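The chains referred to below are lettered A, B, ... by the order of the sequence lines, with proteins before strands, and numbering in each begins at 1. This depiction is restricted to one part of the PDB entry, and every contact reported falls within that part. Going by what the header records, the deposited coordinates were determined by electron microscopy, 2.7 Å. One-based numbering, in listed order, for ligands and for the atoms of each. Side chains are part of it too, since the values below use all heavy atoms of this structure and drop only hydrogens, waters and symmetry mates.
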Amino acid sequence: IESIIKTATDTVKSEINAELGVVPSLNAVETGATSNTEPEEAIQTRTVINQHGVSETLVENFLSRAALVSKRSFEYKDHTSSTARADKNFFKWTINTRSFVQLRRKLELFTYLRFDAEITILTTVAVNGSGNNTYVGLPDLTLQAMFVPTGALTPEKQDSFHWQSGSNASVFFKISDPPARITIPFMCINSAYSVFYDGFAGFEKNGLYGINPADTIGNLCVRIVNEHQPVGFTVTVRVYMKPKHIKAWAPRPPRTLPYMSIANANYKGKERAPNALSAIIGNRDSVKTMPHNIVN
Amino acid sequence: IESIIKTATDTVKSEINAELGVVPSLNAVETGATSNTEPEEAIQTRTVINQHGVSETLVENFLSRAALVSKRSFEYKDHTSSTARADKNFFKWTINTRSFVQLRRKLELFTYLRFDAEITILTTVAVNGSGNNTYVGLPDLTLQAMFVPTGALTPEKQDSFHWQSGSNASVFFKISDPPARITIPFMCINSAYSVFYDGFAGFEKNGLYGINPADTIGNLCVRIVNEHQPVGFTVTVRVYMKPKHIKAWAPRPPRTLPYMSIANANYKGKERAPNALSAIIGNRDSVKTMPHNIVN
Amino acid sequence: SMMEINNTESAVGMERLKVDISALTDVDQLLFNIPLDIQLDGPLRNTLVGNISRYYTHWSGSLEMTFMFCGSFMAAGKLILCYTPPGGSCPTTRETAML
Amino acid sequence: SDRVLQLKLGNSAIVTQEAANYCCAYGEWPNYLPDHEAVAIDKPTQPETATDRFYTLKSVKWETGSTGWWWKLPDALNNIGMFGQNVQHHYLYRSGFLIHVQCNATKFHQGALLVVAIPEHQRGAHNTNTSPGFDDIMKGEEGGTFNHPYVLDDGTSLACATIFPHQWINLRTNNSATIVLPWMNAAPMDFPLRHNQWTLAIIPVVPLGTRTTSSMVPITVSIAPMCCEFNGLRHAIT
Amino acid sequence: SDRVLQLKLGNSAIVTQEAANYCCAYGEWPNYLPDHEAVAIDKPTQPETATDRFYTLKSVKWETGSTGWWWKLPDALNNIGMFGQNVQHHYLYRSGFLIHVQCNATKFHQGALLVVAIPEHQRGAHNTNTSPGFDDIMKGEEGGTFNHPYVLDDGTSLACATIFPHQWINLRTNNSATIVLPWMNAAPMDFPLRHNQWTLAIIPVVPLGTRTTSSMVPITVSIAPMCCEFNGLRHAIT
Amino acid sequence: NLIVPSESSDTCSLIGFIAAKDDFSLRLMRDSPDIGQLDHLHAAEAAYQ
Amino acid sequence: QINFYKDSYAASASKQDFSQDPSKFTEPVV
Amino acid sequence: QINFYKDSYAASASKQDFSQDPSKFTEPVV
Ligand SMILES: Cc1cc(CCCOc2c(C)cc(-c3noc(C(F)(F)F)n3)cc2C)on1
Ligand SMILES: Cc1cc(CCCOc2c(C)cc(-c3noc(C(F)(F)F)n3)cc2C)on1
């Protein structure tokens with residue numbers, strides 16, 4: 001029965017039942033169907049006109065909430081003597097949604113998802129305290145965020161030609177400005193994203209497992225447009241993503257064990273319960289014990 | 001056949017073909033026409049209702065994207081002892097679209113272009129570190145960008161009378177403000193710009209080759225309205241141009257060799273392939289070798 | 001537009017834009033193959049379709065590959081041109097390629 | 001008995017005298033790809049009776065320390081009959097599956113089986129950062145066993161696995177389970193050799209027990225491909 | 001040229017620019033078995049594009065002492081592609097054949113080929129009372145050569161072989177021959193591994209000759225099964 | 001085989017072309033990796049003099 | 001709400017889909 | 001969209017021209 005549900009269903013009054021051949025409270029779990037027993041059939045009920053709305057559990061409302069997807073700190077300074085491992089006034093991030101547990105677990109409640117993303121970038125700056133540096137003050141810098149799709153070259157320096165962005169989508173924003181905000185469409189080459197992928201990425205046997213090639217996004221390169229200054233600073237960029245226009249398919253069991261990696265669904269659990277490999281739920285003394293027993 | 005195309009064409013189912021006098025797969029490249037063979041005529045196909053849009057390849061979408069056209073850094077300081085070669089708190093730029101490769105190559109895919117330009121100016125400032133200067137902080141300066149058409153006099157100082165701009169179009173903007181933005185119309189004395197010009201500019205034999213006089217724009221003079229201060233700064237101004245209301249004629253082969261100059265189409269290529277003068281595409285072992293062969 | 005099928009050393013300039021075929025003394029012989037990777041450097045890279053497509057990330061649709069024979073009027077031959085959907089290795093024999 | 005059912009599917013057939021019902025995953029039936037959802041313009045091959053038929057896999061022994069078994073589709077059916085030949089000779093396929101799990105015992109036997117079809121059951125490893133390898137995932141007709149059926153081998157819970165299309169084999173009640181799975185995928189077709197749409201898992205939630213003479217109690221699995229299509233014909237690749 | 005023709009038949013295709021016509025054996029076209037002529041009550045499998053497509057055989061060198069070549073059908077196509085897989089997995093088949101023979105030379109070359117499809121070309125041996133053996137008859141994709149093309153290898157005459165569906169490849173005139181053979185048999189279907197309905201013979205009635213530079217002149221054969229049906233599905237038997 | 005007479009060149013040539021059909025479609029515009037820039041082009045700075 | 005943008009995916013969340021079919025998970029039997 | 005400017009060239013990009021004639025480059029013969 002497909003219908004429009006805006007409120008919880010009402011209750012109807014019921015009377016004494018004693019009829020042969022009818023056993024509403026008896027079910028068959030083996031069929032794979034949930035019990036269809038009604039409260040009106042198990043107890044004697046009254047008429048209740050239920051006015052509880054159900055708009056808060058809509059998948060759109062459930063998932064349309066900005067969540068931290070990226071957070072990166074780098075030093076904005078003179079990087080002449082820095083090693084070839086630090087972010088020299090810029091960084092690149094391979095976009096993914098598996099780095100922060102809250103959004104990952106919310107998204108992984110479904111097998112397939114189709115949505116547009118709303119990207120918000122929030123930048124903070126702090127004055128470096130290394131050595132004998134003082135507060136000085138916080139400069140108002142300009143940052144450039146460029147989206148490099150798959151196959152496009154990514155910048156290697158803070159002043160490389162790639163930043164001219166002839167066709168790549170870039171956003172220039174100040175720290176004193178509100179957080180930058182854009183919208184990315186549903187970029188999948190399929191009709192929906194694959195939250196879980198029971199396959200391998202390549203045509204050979206050495207490809208990655210569990211990552212769908214169709215769901216590849218690209219890179220987000222963030223640089224400071226300003227040239228360095230006599231004193232060093234630490235710039236932290238946070239990227240939040242909000243799904244919208246969502247369609248969800250095949251809900252899944254929630255994850256109980258802590259996440260181990262962003263590349264796979266590997267599990268080891270906690271040392272003791274709750275959420276341990278051998279005991280998800282915390283233990284009680286026996287099946288005849290309740291911990292929070294009201295005693296008076 | 002001129003028509004309205006919003007999606008890719010659909011496929012029709014086809015059956016076995018064996019008919020004398022009909023050879024759809026046979027063509028004549030010498031006529032100068034592309035093969036008209038259809039997939040329905042080469043293989044047995046099925047009916048596919050194609051729903052792929054084609055709005056992303058529209059010339060307007062393809063070219064309506066802001067790209068860096070100018071980038072200039074100059075010292076904002078006391079210029080009493082500076083030589084007559086540095087930008088003394090101002091600069092002038094002869095407008096052109098051949099200085100940065102991405103926009104140049106995108107524009108040079110057509111012989112004629114007609115569009116309005118959207119100009120965005122983004123300014124950043126840094127504290128000079130020369131000598132023993134400290135961070136101090138970043139001042140909020142006012143910049144003036146004046147467009148001087150051909151034949152008009154350009155400023156020679158940061159405080160010359162030319163800056164009063166009785167008739168010249170000027171824009172005054174702060175660094176703390178959003179990037180300045182204006183629109184320039186289609187300024188050509190012809191119906192379209194000449195991306196390529198197989199001619200000489202003057203009536204004598206010593207004129208420039210490949211630059212159309214009809215496409216001359218003028219100069220963009222950018223100054224700091226503020227007077228200098230006790231400490232020096234470095235101001236970088238970036239100018240981005242976005243074509244709009246575009247009309248394109250006579251598409252051209254894309255450039256393969258790296259650009260050598262903004263004044264001409266001179267070429268030398270890379271030392272080795274790819275994109276070398278003698279080998280545009282990288283070499284393989286033989287015509288019977290594929291590099292990325294799937295082996296299992 | 002022309003494919004650079006002869007993208008091999010010892011081919012210089014225009015020589016890379018044509019494939020030379022001679023008379024063989026064995027049957028069913030392979031003449032050449034074309035890597036279908038536009039997104040990577042290969043014969044299809046410097047084509048109108050390839051050049052314009054390398055400005056985008058996603059592509060769909062069908063392609064046509066035309067071959068013009070440029071011998072003399074009274075040179076004869078028969079060739080077989082084969083496209084193999086992905087999944088395995090490139091066929092090296094006519095029996096496997098005809099499938 | 002509790003219910004009777006017959007499943008023809010080609011030149012094969014199955015009769016069950018002690019069944020509960022059969023499950024249609026999400027209340028849907030397999031169907032061929034329509035023209036308004038097609039992608040590949042090649043004319044497909046629809047073998048029908050040659051491929052749409054029950055294939056029976058090797059049986060597994062139902063012991064006391066059994067943790068459960070899983071078979072990935074179409075990986076399990078690849079290399080089996082005309083369906084396997086069509087998979088090997090084609091680049092894309094598309095098919096639903098009618099799954100019948102068989103297990104019988106005596107009336108002095110107790111035990112409960114959860115038979116669940118997990119869509120896109122991407123597995124995880126235990127106590128390691130490395131991802132599962134090709135040999136860990138691709139087991140063929142033999143399938144695999146559950147390392148930790150408690151978490152479904154992916155860090156989730158077995159208790160919530162009833163959200164997926166499932167049935168039970170309760171020895172006290174029935175001896176067979178039937179699930180009808182339509183085509184489940186984000187794409188209209190797919191390469192059969194690198195991705196599994198479904199995983200059939202049989203998990204011993206209630207262990208087998210009896211106090212009469214012990215006998216071998218096996219579990220048999222029969223999968224019938226349904227509405228099979230194939231595109232991209234070329235040489236066999238296996 | 002003299003005539004142009006294109007033959008699609010599935011995901012394959014052939015173009016000929018120098019042809020005469022094409023021959024339909026006895027003026028008939030391949031068709032599927034009707035219900036009023038069916039015998040086996042099993043539902044048949046009709047792969048269509050998977051099996052109804054051109055398969056090209058190995059080429060044979062056109063020399064001066066060449067006596068001729070023959071290929072028996074479906075024996076030659078058995079073990080080739082999905083048609084071979086369907087033949088191996090099924091007990092009965094039924095199919096017509098579109099045969100295209102290719103041979104080109106220069107305008108200084110002379111030679112005449114008779115390309116004839118003999119129905120039920122039961123062969124005989126020479127100078128012996130023993131009948132031809134299994135290995136003498138079953139040659140597979142490679143085919144065989146004519147011991148005595150004068151008598152067709154059966155005690156008849158090559159001069160009267162034009163009574164069968166045939167064409168000529170006259171180098172002076174054309175470089176290809178096409179014959180469309182319907183299902184020829186006394187039974188509606190047949191076992192593919194023990195009986196050949198057709199034999200394609202290419203015989204050099206006029207030998208190859210030229211006075212210019214010599215080159216290898218091969219002859220290629222492509223057979224497209226048409227309206228293939230298969231009954232009696234079981235394990236592969238090859 | 002390729003059969004030619006004695007007065008014809010024994011090596012012939014093929015030219016290959018590729019094109020897209022009406023089925024073709026592209027999306028997700030990016031920067032082409034076929035053009036780059038390591039420094040300023042010649043005469044580019046003269047535009048400021 | 002306002003959506004002066006030319007692309008339809010730039011609009012805000014569409015929280016007005018109140019249709020549902022729980023029986024596809026609760027009674028997926030015949 | 002809005003374009004409260006008095007000059008028409010100040011408007012935004014006009015991405016609604018879906019007419020095309022590829023045959024002027026693919027079949028420029030008679
Ligand atoms: C599941 C699932 C969800 C998604 C969507 C994530 C979108 O990722 C981004 C992010 C985080 C930022 C940008 C971005 N940042 O800046 C810019 C711009 F300024 F260049 F426009 N674009 C683009 C994408 C696609 O993909 N798979
Ligand atoms: C091809 C081709 C493309 C073009 C158009 C380029 C437009 O150039 C400019 C630029 C970059 C900036 C200004 C400008 N900067 O500031 C001002 C104002 F503030 F004074 F209004 N105008 C004016 C023009 C014509 O010309 N030929």
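Found at ligand 1 is the drug pleconaril. Going by contact count, the macromolecule most engaged with pleconaril (ligand 1) is what the PDB entry calls viral protein 1. Chains touching pleconaril (ligand 1) with a heavy atom below 4.0 Å, listed by letter, come to A. Within 4.0 Å of pleconaril (ligand 1) on heavy-atom distance sit the residues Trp93(A), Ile95(A), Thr97(A), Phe115(A), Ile119(A), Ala145(A), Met146(A), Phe147(A), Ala169(A), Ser170(A), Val171(A), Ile182(A), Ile184(A), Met187(A), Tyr193(A), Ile217(A), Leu220(A), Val239(A). For chain A, the PDB entry reports the organism enterovirus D68. Here the heavy atom of the protein found nearest to atom 23 (C) of pleconaril (ligand 1) is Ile184(A) CD1, 3.4 Å. Proximity to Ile182(A) (heavy-atom distance under 4.0 Å) selects the following atoms of pleconaril (ligand 1): 14 (C), 16 (O), 17 (C), 18 (C), 21 (F), 22 (N).
In this structure, the protein non-hydrogen atom closest to atom 10 (C) of pleconaril (ligand 1) is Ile119(A) CD1, 3.5 Å.
When hydrogens are left out, the protein atom nearest atom 3 (C) of pleconaril (ligand 1) is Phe115(A) CZ, 3.3 Å; that is the closest non-hydrogen contact.
The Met146(A) neighbourhood of pleconaril (ligand 1) comprises atoms 20 (F), with distances under 4.0 Å to a heavy atom of that residue.
Residue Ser170(A) has at least one heavy-atom neighbour below 4.0 Å for each of these atoms of pleconaril (ligand 1): 19 (F), 20 (F).
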